[PDB]
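The model below depicts lysr-type regulatory protein holding salicylic acid.
By convention here, the chains are lettered A, B, ... following the listed order of sequence lines. The numbering of chain A matches the PDB entry: 90-135, 137-201, 204-299, in order. Chain B is numbered as in the PDB entry; the shown residues are, in order, 89-201, 207-300. In each ligand, atom 1 is the first atom listed, and ligand 1 is the first ligand listed. So this one's X-ray crystallography, 2.9 Å, going by the header. Keep in mind that the numbers below use all heavy atoms, side chains included, and drop hydrogens, waters and symmetry copies.
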Amino acid sequence: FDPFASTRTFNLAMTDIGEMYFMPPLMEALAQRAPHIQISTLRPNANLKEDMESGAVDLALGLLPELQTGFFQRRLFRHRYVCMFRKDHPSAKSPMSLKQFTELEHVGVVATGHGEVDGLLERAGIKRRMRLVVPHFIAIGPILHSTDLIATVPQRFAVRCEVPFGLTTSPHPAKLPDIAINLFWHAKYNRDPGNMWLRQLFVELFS
Amino acid sequence: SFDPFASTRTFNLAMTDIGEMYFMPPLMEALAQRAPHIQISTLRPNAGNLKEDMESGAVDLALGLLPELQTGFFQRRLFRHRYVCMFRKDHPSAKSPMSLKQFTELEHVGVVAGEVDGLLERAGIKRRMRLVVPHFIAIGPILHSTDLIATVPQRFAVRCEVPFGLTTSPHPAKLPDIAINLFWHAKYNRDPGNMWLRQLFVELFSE
Ligand SMILES: O=C(O)c1ccccc1O
Ligand SMILES: O=C(O)c1ccccc1O
């Protein structure tokens, strides 16, 4: 298998967060390393497991607990939930006190586990004033920029939003779980030249 | 009556991801001064069984190019817009107006989400498809960090140009206009609060 020569198409399951986290650097990497490969990505919900066997999908990335049968996996990284708001929010502060967190208004994302973030808050007596609720993360960044709403966001998602949308963060005041993002491949392809190649490239660019 | 300034009702809205970061930002800013205690929730048109949910009253309004919704559904057109071509502000060699000849030549990111790609292929135009993603969240970053170009809806481009440092070109191929509509179920045509939300949209969106 020669990367610089290959015209193969690799297919990857990953979340939306995982999409705008992973792809940008990856594409930049590939531009110089494998200039003729093609990449396609899809969501873990449109389905998988079978597809990984069939060779329809090559790798998958996320907090996929479902996968644990004929599935090798390597941890890339963990990261924490953070609290994100516009740089000049009228009254938000870092580190945010849990007391203040209760008090402000939030946008919540329904969405990988995650999470069940909102479960832990509610059980700890903390009832957020939930002004908006969205299914996934695309609009989050703009929304914070144009309003005084705060959000509970995964750390590496925050990172890629701070500049474009002019927002900052705070360590999260509540006790929430760490986020363990993993790389998964089907055993049947453990010894596939090209697949191992992609695997290592990920491990390389992320860790 | 209804009273917006007093109401604590929750409105539920079906819309795409593009529609989410297009509509929500301005809407939330609008509501902040007009209805400060209302709550909004949004979901994807694939999410529930929308059609049924709109009858039920589980979803109040829906926004998009939803052709499925015919029959017991009133609808008003908000706007149309065209497909554009989008690339980073200093792309090494991309130009505006992009010639169809150059379009064929550069490398693209394609979004899976109404067959644009069908019409290209039928017109003999085989793009060099370096990446393919399911929806739009990562598009903006991706163009920023690479020399890839994309075929994007106009009003989506608008909200990306600043944050990610990209510009556009009128699209060199013949592609359909995009007709975005507002839909509500007949059963609720005469609902005070629903009519209120309807009008607010009609108001904030048009030209
Ligand atoms: O939550 C995920 O699945 C995830 C995936 C990739 C990068 C960051 C993430 O939070
Ligand atoms: O589908 C939508 O709701 C939409 C909204 C704004 C711009 C383009 C779109 O497709």
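- Chains with a heavy atom under 4.0 Å from salicylic acid (ligand 2): B.
- Heavy atoms under 4.0 Å from salicylic acid (ligand 2) belong to B:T104, B:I106, B:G107, B:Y110, B:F111, B:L151, B:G152, B:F167, B:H169, B:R248, B:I273.
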